[PDB]
Student: 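Okay, here's the structure, questions in a sec.
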Amino acid sequence: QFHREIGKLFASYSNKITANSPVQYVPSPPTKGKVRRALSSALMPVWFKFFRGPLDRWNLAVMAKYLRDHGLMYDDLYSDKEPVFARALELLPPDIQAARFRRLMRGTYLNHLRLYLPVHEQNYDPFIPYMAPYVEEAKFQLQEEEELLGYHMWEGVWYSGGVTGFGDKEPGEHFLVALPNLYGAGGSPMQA
Amino acid sequence: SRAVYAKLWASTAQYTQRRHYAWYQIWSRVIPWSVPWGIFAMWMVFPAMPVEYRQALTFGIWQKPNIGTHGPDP
Amino acid sequence: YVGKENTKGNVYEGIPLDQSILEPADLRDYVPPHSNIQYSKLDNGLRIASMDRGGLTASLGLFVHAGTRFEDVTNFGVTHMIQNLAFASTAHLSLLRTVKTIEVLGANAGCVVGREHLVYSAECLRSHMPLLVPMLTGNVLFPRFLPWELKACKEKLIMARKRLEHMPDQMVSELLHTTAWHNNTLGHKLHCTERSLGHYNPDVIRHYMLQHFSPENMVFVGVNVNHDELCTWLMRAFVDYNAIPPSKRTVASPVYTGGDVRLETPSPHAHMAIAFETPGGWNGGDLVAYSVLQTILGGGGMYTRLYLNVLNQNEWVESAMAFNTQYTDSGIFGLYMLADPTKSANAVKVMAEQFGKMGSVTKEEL
Amino acid sequence: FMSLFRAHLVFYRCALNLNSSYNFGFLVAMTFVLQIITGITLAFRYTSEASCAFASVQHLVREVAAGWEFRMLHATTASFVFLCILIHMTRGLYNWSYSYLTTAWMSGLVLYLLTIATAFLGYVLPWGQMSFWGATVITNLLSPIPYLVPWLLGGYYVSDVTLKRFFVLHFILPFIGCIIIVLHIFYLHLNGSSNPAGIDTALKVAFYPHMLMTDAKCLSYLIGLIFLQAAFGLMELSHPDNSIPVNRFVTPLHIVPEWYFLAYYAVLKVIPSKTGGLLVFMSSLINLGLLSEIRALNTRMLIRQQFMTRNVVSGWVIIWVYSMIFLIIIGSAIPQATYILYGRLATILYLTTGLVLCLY
Amino acid sequence: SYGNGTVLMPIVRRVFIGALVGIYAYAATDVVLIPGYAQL
Amino acid sequence: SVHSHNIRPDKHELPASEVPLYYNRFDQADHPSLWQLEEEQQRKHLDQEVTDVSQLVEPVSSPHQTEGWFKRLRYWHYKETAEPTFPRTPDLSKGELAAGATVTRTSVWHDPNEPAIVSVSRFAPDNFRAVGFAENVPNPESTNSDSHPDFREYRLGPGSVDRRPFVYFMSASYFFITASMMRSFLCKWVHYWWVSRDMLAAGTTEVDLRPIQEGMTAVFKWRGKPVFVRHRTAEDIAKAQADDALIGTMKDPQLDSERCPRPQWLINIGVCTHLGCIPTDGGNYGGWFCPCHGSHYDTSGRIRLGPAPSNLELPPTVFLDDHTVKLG
Ligand SMILES: CCCCCCCCCCCCCCCCCC(=O)OC[C@H](COP(=O)([O-])OCC(O)COP(=O)([O-])OC[C@@H](COC(=O)CCCCCCCCCCCCCCCCC)OC(=O)CCCCCCCCCCCCCCCCC)OC(=O)CCCCCCCCCCCCCCCCC
Ligand SMILES: CCCCCCCCCCCCCCCCCC(=O)OC[C@H](COP(=O)([O-])OCC(O)COP(=O)([O-])OC[C@@H](COC(=O)CCCCCCCCCCCCCCCCC)OC(=O)CCCCCCCCCCCCCCCCC)OC(=O)CCCCCCCCCCCCCCCCC
Ligand SMILES: CCCCCCCCCCCCCCCCCC(=O)OC[C@H](COP(=O)([O-])OCC(O)COP(=O)([O-])OC[C@@H](COC(=O)CCCCCCCCCCCCCCCCC)OC(=O)CCCCCCCCCCCCCCCCC)OC(=O)CCCCCCCCCCCCCCCCC
Ligand SMILES: CCCCCCCCCCCCCCCCCC(=O)OC[C@H](COP(=O)([O-])OCC(O)COP(=O)([O-])OC[C@@H](COC(=O)CCCCCCCCCCCCCCCCC)OC(=O)CCCCCCCCCCCCCCCCC)OC(=O)CCCCCCCCCCCCCCCCC
Ligand SMILES: CCCCCCCCCCCCCCCCCC(=O)OC[C@H](COP(=O)([O-])OCC[N+](C)(C)C)OC(=O)CCCCCCCCCCCCCCCCC
Ligand SMILES: CCCCCCCCCCCCCCCCCC(=O)OC[C@H](COP(=O)([O-])OCC[N+](C)(C)C)OC(=O)CCCCCCCCCCCCCCCCC
Ligand code: HEM
Ligand code: HEM
Ligand SMILES: O=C1C(O)=C([C@H]2CC[C@H](c3ccc(Cl)cc3)CC2)C(=O)c2ccccc21
Ligand code: FES
């Protein structure tokens, strides 16, 4: 019985992994092996003074000036085409949300005109992390759904309801389900 | 109690292993489709092979069709 | 289930169901359990009661003394909100994980509001009790009340009454209550009105809970569990945390107004009900008198007073009934009837006669 | 189909700060339509015979009214097809458009492959020396598999049969192009275009009045330039050696493909193993394909701003462009050790800077 | 991810990464190592 | 819908108040409920037995209605030619129909003895029914006639075999014939792109070598490809043999004596082994140089430098005489 035997293989491996579980926080093992840690530690005094130092300083200068020209913050660079950030934006309070909207409007207009702001308008720190408390919550909420619902490749009915059947939940987002109607006036999913 | 909450938290620690198991299952269901399509591949590419290889791969069953032309010359 | 360790499969394959498969090892000599109630108390105040009958499934329940008769003009609707938020996110579990785990254990669980109590309960095999005690106590020990859960749960506050529009009997119950005690205590509605959706913010919920959900206002009850394990796993739940501190609350006596009310709708009967107050309620000494009289008259048999003297002597009544509802400190007792809508004036006369002669009884019926 | 026309090309709402760099798609489409018109009217008088194809093309120029104009418009608009495509690609490498326009980017790559094939098939039809020997080379390049090359040729060597089927294929492929263009635009408008600033913004504005006029302006410029080059011949875009009849036993003494093929040619000059040659093309195209799912290759959350303005570090796309131009330069020259040496330097740069795009 | 319809681009991702590893292995064998063993 | 009506005045077709094409006799009720009664008091023609076609009841309406040139169909009922301002008054004494226009623009509904509101109530279209209506209008009970067979005589009952095997065998048979035919079609279509039966690539040739001079290269045509024949000088031979000491270094090692069975005669296929171009005279090793990607060959044909993977290929050849060679 092939399937039950390979079951046995999988089960024993999982039990090994289970038996080694800690019961409390334990610091992660380093990201680099001891050889590379040694080599980096040896070459630090030259590499950081001549190359890495100036690279990491020039980078922040470039970023800051570009953000100040337009009056953006750093966390204004993230999109809502990203599910986690979409959730984070859903969880925002009114004031932060309104200010973000305003800054994005102004940045669009300024990049259209290609005119610098006066230097007295540029006196602020652009790298404040104002989205962090919300991104962490979004990550939690979207991780639990994977754990509790996404753990298997579920089976569906194909090309029915406007969805392909392989997992989508919004109609006509893929080519083989384009053009839902041939007559009439159509409609929108949001008005069902 | 801490103990019970710990057990409940840990219930899903092995997500990646369960996903590998899912890979295994779906590929086991899928992979036999290779036999129909393999036969058809071979069906199409058989008459491209050398006559000797056609004779060999069919254990000598296949031979040149006899249509009454191109016979030997005394 | 990442693979499975046992490969033997269905070891009873092909054995008919009228042919036993038990080995002599699995026989026992029966010893009953003992089934008188066992009573205990935690140090923080919680009272625990348990019984065992040797069934395989257990019943677990947490009882809180927080009904709707304890609300006021600033609070109306808060108890419904709390019930509609049961098994939502708490300190150490999320809403999704909680409900999904309860589903996968195989259990059925829920919460119920009344006019004097709030109840949480669950049920499945008795071997799962240690996993269920947390999830029941969580709701009263440390809920979070995140705004985006309150907002998403709102429509269930309105559907609760939207369904009452096709349950005439229950509808009449609510009319009786709000007419008997007008605008006070037991009179309050069991649901959120439109005026009740304003104060749907976490601070009001939390401030209400701080006044009622202390341990000495609670009871935990278990059936088909071993009492020392129940005590152990309940003690292990409150040991790390500070519970809501006690409060010396006071309760006002209901004021009975009585009165009259009508509500028309296309139903093909005239539904009518008349009632009088029970002084003292469940704490009055005459709790048995009313409950005997209800069976003399006819509860919700065919040799009862109403069945003989109303239903068998009039062609135009579909049903006549006596009802009796009691609370800690007041109640009501009365008669209910469905009649042909053209003869309501006769329905009133019949009811008046019946009330007329409840005072007197004969020993056969008694 | 009018309601769709209005939804997508009149009421569709864009971002205010879309400058000219977002107009080149429309332009390549227009060069497609135009190339199709001139194609069809050239087909009415072309002869698909190895004995007489060449003289067939000469007859149009010499003895037909306005004969010269259609041939030269068709010849010159090809260069603009490729120039506009390369600008259009580089814009989206610069912006990291493929971050969220995944399937659009894939469709783009397929369209570019279609265009390469179409152009090369066209390049054989006038049937001069360069045509014959180019066909010989590219057919020998795809030799690894037995019998596939005599089959695709039709014959043991490049022949009239080869001309006939190349002509039919060159007829057909552009229209398949058009179908894939519709698919392209479906994926595009499913998402919505990016800004030059790479932010999300509500300061949108409708298409018909503002952006339609910019499209029209650039269209005027392009029609202008095509006619300038076509009528006066300012640049030597095409080498003279296709003007000589074919000889099957003598090669031309100096060889230069059309400019849009020179970089590829450079590779074939400098890598020793022929299979290594072919694998470089395959690998680079696979690398470009791989950019479609760059969000998955890392767990840091991605942004579209590459902060290339004022930056002393420049960016990998700019190094890619300069490496490619250097390869064109070396493509053009004779085979000599020093050219090959700097060739190999440039080739290593071209490969590495493509690999490295995934490493954010 | 759960509740999403993109199912064929992940496969292409893995195939492409595979294929590049392949190609680079073979190229190292063909263009460098085999000649090197004539110079070793 | 996309379809118009055609209500218009017409001079070939008089209005229906003037000339109705249907049989214009209708009964009238005071209230349509009364039509119930007649359905349970009349006789019906379909309740009674007939056996021959000649016994079928005869239509009430006349055959002689519609006339004109080239009009096949001679009988119609309804038309939409428009009514005038003042319609023809129905004569209710003859049971003529009163409906729509003829109620609105006529005095027909007037009665001396009755209120007007009561009188108009009898002229809704439900209050009229033709003569013969209750007697002739069918009302089926089923789609099936008891004189025809339904599933009851064809159902496979208790005791029957299972037929799934047969059904699926039937369809599998259809499909395997289908697939054989499809494969044949694709095979023919593929084969049709293959080389034609006139080409055949067969042949052999011979070459006379008297006219050749030392240091010269002659070129000839063979099986579609060029072939070089060279009369090497002593120094060409020496150049070739000096590099035999460096055979270690070559991409395709071979010694000169194999390539020149007669040392002074060199023969090769004139084609670059890289991608098929034809090498030119010269290069760094006094042999040949390919312009397409820069491969070099020595004075014996061997690949010394560049991307080409092998030496120039030796053709199958024989020296027929001291001064004549055979190719193929
Ligand atoms: C026009 C179409 C016609 C209409 C009908 C539709 C036709 C499609 C039928 C074929 C599908 C059969 C397989 C069924 C799978 C069911 C699984 C399931 O429960 O569903 C949920 C599951 C998704 O749920 P989920 O797991 O929650 O989603 C998370 C993600 O999947 C991410 O998950 P992850 O990241 O955790 O990774 C999971 C991944 C882990 O595994 C890997 O990633 C492995 C990667 C290794 C690299 C090797 C390549 C792997 C792909 C194999 C391709 C071979 C097939 C072709 C064979 C050709 C034979 C001639 O798992 C798999 O790859 C397992 C599934 C792989 C199956 C793919 C091939 C199935 C085809 C079998 C029939 C072949 C006959 C074709 C004949 C010729 C014509 C095409 O479904 C899938 O994953 C779908 C897989 C199948 C692909 C989609 C079908 C295509 C539809 C579009 C049509 C395109 C046609 C274009 C032509 C146009 C002509 C003009
Ligand atoms: C009988 C009672 C009646 C029953 C009725 C029931 C109902 C069902 C019917 C049944 C009755 C018979 C009906 C006749 C059916 C058959 C005839 C038939 O079908 O002919 C078709 C026929 C095809 O003719 P054909 O193609 O010329 O046939 C040539 C032959 O195929 C010759 O071609 P070939 O020789 O070149 O074929 C090659 C073949 C050659 O085959 C053979 O030679 C095989 C030999 C078979 C031997 C048999 C064995 C079984 C018997 C043994 C006996 C057992 C004894 C025990 C029992 C008895 C004692 C107890 O080899 C292969 O296929 C490949 C080999 C296998 C591949 C798999 C790889 C295996 C590797 C082996 C590994 C082992 C190691 C080997 C290595 C060596 C070193 C160790 O149709 C046509 O000619 C075309 C018709 C035109 C229609 C066109 C279709 C439509 C196209 C229009 C489309 C355009 C419109 C757009 C689309 C429209 C879409 C809707
Ligand atoms: C020399 C050295 C260098 C060599 C070159 C090296 C190159 C290396 C780099 C490679 C670059 C990328 C190549 C393509 C990768 C595609 C990966 C993929 O699957 O992406 C999934 C991805 C979506 O995956 P997802 O997000 O998971 O969504 C899940 C959905 O369920 C999925 O459903 P959905 O509805 O959302 O998606 C649309 C669906 C369904 O799409 C449709 O139904 C569209 C149908 C349009 C048909 C129009 C006629 C096209 C005729 C073929 C033209 C080929 C030109 C090739 C250029 C060279 C010419 C010499 O299509 C697909 O899912 C894709 C199917 C596979 C496409 C394969 C395309 C390339 C090969 C095609 C030709 C094969 C050779 C034989 C025929 C040759 C004839 C000349 O789809 C795309 O991004 C596709 C974009 C459109 C591009 C393809 C357009 C043509 C479609 C042809 C379909 C097959 C029939 C062919 C004709 C047969 C009869 C004659
Ligand atoms: C330089 C030389 C000059 C030479 C000059 C020579 C000039 C000769 C001119 C001859 C003109 C003949 C026609 C006179 C018409 C008079 C009309 C009249 O007085 O109307 C008064 C009056 C008009 O008042 P009304 O209010 O219109 O009432 C009449 C109704 O509307 C009627 O409607 P209804 O409902 O009462 O009747 C039913 C209705 C509806 O009936 C039906 O629908 C029934 C249809 C049944 C068909 C069954 C067919 C089955 C067999 C098919 C076999 C397969 C065949 C196909 C395949 C074959 C292979 C190819 O019947 C019809 O529609 C009857 C149609 C008769 C058509 C006759 C056509 C004759 C053509 C003669 C040749 C003319 C020149 C040809 C062209 C030349 C080049 C431009 O009509 C009547 O009283 C009725 C009179 C009907 C007379 C019909 C029979 C005429 C016989 C004429 C004999 C001529 C012999 C010539 C010999 C020449 C030797 C040289
Ligand atoms: C995904 C698969 C897509 C498949 C699309 C392919 C469609 C087009 C197929 C063209 C095949 C041409 C073969 C070239 C050789 C010359 C053919 C020829 O006529 O030779 C003469 C021969 C006859 O020879 P002859 O008699 O002329 O003389 C020469 C003698 N021999 C052949 C021995 C050298 O003709 C044929 O037999 C016709 C060729 C049939 C071959 C058909 C091959 C079909 C390929 C499809 C297989 C796909 C499998 C899946 C692969 C996918 C992998 C990821
Ligand atoms: C996607 C492109 C496909 C091209 C097809 C060509 C493939 C190669 C040649 C044929 C190979 C054999 C057929 C494949 C095997 C059968 C498929 C299968 O698994 O069966 C599923 C099923 C088989 O059903 P079944 O009921 O017989 O059995 C299945 C049930 N079990 C497993 C329990 C036995 O097929 C169908 O139900 C198909 C329904 C249609 C049947 C009639 C089709 C006839 C043609 C109609 C008109 C055609 C014109 C339209 C085309 C447009 C162009 C002109
Ligand atoms: C994107 C679309 C197209 C491109 C990029 C393209 C490209 C080319 C190129 C580069 C040439 C070479 C001309 C020369 O060297 O002088 C050519 C020639 C030709 N093309 Fe196309 N072409 C396209 C569409 C078409 C179409 C649709 C047709 C016909 C339906 C067509 C028919 C021809 C013909 C007949 C020639 C021969 C010109 C001559 O012999 O002088 N082309 N094409
Ligand atoms: C015939 C070839 C092509 C046509 C007709 C075409 C057409 C278009 C059009 C009209 C647009 C929208 C307007 C514009 O951006 O100008 C567009 C956008 C786009 N195209 Fe193309 N394109 C072609 C080739 C390509 C190629 C080769 C690629 C990638 C290799 C590509 C990738 C993209 C991307 C990513 C966008 C959107 C960028 C963004 O929104 O930021 N396209 N295309
Ligand atoms: O030697 C060559 C040569 O190498 C190519 C090459 C240029 C690049 C081409 C090419 C390479 C890759 C792609 Cl994806 C498309 C086209 C193939 C032909 C020519 O075009 C040519 C034309 C005429 C005579 C000789 C030659
Ligand atoms: S074809 Fe001769 S070197 Fe490339």
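Letters A, B, ... are given to chains in the order of the sequence lines, protein chains preceding strands, and every chain is numbered from 1. Only a part of the entry is shown; contacts are counted within it. Whatever order the structure lists ligands and atoms in, that order sets their numbers, starting from 1.
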Student: Which partner chain accounts for the most atom contacts with ligand 9, named as in the PDB entry?
Tutor: Cytochrome b
Student: What is the identity of the drug or drug candidate at ligand 9?
Tutor: atovaquone
Student: Which chain letters have at least one heavy atom nearer than 4.0 Å to any atom of atovaquone (ligand 9)?
Tutor: D, F
Student: Show the binding site of atovaquone (ligand 9) at 4.0 Å, heavy-atom contacts only.
Tutor: D:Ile116, D:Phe120, D:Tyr123, D:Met130, D:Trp133, D:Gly134, D:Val137, D:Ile255, D:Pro257, D:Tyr264, D:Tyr265, D:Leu268, F:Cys292, F:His293
Student: Quick one: nearest non-hydrogen protein atom to atom 12 (C) of atovaquone (ligand 9), plus distance?
Tutor: D:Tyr264 CG, 3.9 Å
Student: Using a 4.0 Å cut-off to any heavy atom of D:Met130, which atoms of atovaquone (ligand 9) qualify?
Tutor: 23 (C)
Student: In this entry, what organism is named for chain D?
Tutor: Toxoplasma gondii GT1
Student: Number the UniProt transmembrane segments of chain D from the N terminus and list those with a heavy atom under 4.0 Å from atovaquone (ligand 9).
Tutor: 3
Student: I'm curious what other ligands or ions sit under 4.0 Å from atovaquone (ligand 9). Any?
Tutor: none
Student: Looking only at protein heavy atoms, which one is nearest to atom 1 (O) of atovaquone (ligand 9), and what is the separation?
Tutor: D:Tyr265 CE1, 3.4 Å
Student: Which UniProt heme b-site residues in chain D are within 4.0 Å of atovaquone (ligand 9) on a heavy-atom basis?
Tutor: none
Student: Note the single closest protein heavy atom to atom 14 (Cl) of atovaquone (ligand 9), along with its residue, its atom name and the distance in Å.
Tutor: D:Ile116 CG2, 4.3 Å
Student: Quick one: what name does the PDB give chain F?
Tutor: Putative ubiquinol cytochrome c oxidoreductase
